[PDB]
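Entry overview - Protease with ritonavir in place.
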2 protein chains.
Amino acid sequence: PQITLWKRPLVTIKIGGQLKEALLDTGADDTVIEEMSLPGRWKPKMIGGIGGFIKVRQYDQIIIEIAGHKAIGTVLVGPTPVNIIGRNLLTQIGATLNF
Amino acid sequence: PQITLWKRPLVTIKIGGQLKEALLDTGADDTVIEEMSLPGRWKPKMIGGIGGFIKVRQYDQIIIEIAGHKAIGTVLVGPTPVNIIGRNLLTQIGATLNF
Ligand SMILES: CC(C)c1nc(CN(C)C(=O)N[C@H](C(=O)N[C@@H](Cc2ccccc2)C[C@H](O)[C@H](Cc2ccccc2)NC(=O)OCc2cncs2)C(C)C)cs1
Ligand SMILES: [Cl-]
């Protein structure tokens, strides 16, 4: 598919057995998902945006479907106002920016 | 070009006649450049992301070249951690996400 950028590039994702909306974000190294009770072990992390740092929980090897494309990798969970799919998962679904 | 996402999608920009590197950022509504001297009028603004808000100088109608492609639009100048080209200018250069 092709997604234009006139509005935020939001798609449906499936994570943890839940459907959510998330932003496809070429400017994010990592994937940051809103607070959710994912099972299993995690590691504390701090990540920085414009603005400063926030505390997140790093979960590894998390299965996630992005606009129908299955992916597996690290997901950072914490208090974000928007779910962000970053390059660690965008590469897995073969996404490019084109102009 | 087609830009893959294994690496950060950094490109060279020309702004105020100066070369800088900036990140092509589909998750950003706006374009935010590090503190610099820039010709043109400005007004104070705030912009936010992960970590909270920062104060910026909003410059409208600024001529900028992004990877060799011309855009003319709003540039926010302030203490951003990295130079970001957001959707307001990615749309001008005809960028899309594809997978
Ligand atoms: C729900 C509501 C609050 C929303 N507002 C918006 C519109 N807004 C404010 C933005 O787009 N704001 C932008 C932004 O930070 N966008 C963000 C998503 C977001 C939006 C709002 C609230 C929280 C997160 C998404 C952006 O790609 C930023 C860009 C960035 C890159 C490196 C260093 C600093 C910043 N990426 C990150 O936050 O993580 C970046 C990481 C740092 N180093 C490598 S990756 C820019 C202006 C910089 C979208 S959703
Ligand atoms: Cl939008």
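All chains are named by letter (A, B, ...) in the order of the sequence lines, taking the proteins before the strands, and each is independently numbered beginning at 1. Per the header: X-ray crystallography, 1.0 Å. All ligand and atom numbering here is 1-based and tracks the order in the structure.
- Mapped onto the model, all copies of ritonavir cover ligand 1.
- Counting only non-hydrogen atoms, chains lying under 4.0 Å from ritonavir (ligand 1): A, B.
- Note: ritonavir (ligand 1), no covalent bond to a chain.
- Using a 4.0 Å cut-off between heavy atoms, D30(A) makes no contact with ritonavir (ligand 1) at all.
- In terms of protein heavy-atom proximity, atom 19 (C) of ritonavir (ligand 1) is nearest to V82(A) CG1, 3.7 Å.
- Ranking the protein heavy atoms by distance from atom 2 (C) of ritonavir (ligand 1) puts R8(A) NH1, 4.4 Å first.
- Heavy-atom proximity to atom 16 (N) of ritonavir (ligand 1), evaluated over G86(B), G52(B), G27(B), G49(B), is greatest for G27(B).
- Entry annotation: chain B, source organism Human immunodeficiency virus 1.
- With atom 24 (C) of ritonavir (ligand 1) as the reference point, the heavy atom nearest to it among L76(A), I50(B), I54(A) is part of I50(B).
- Closest protein heavy atom to atom 28 (C) of ritonavir (ligand 1): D25(B) OD2, 3.9 Å.
- When the heavy-atom distances from atom 8 (N) of ritonavir (ligand 1) to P81(B), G51(A), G48(B) are ranked, the shortest goes to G48(B).
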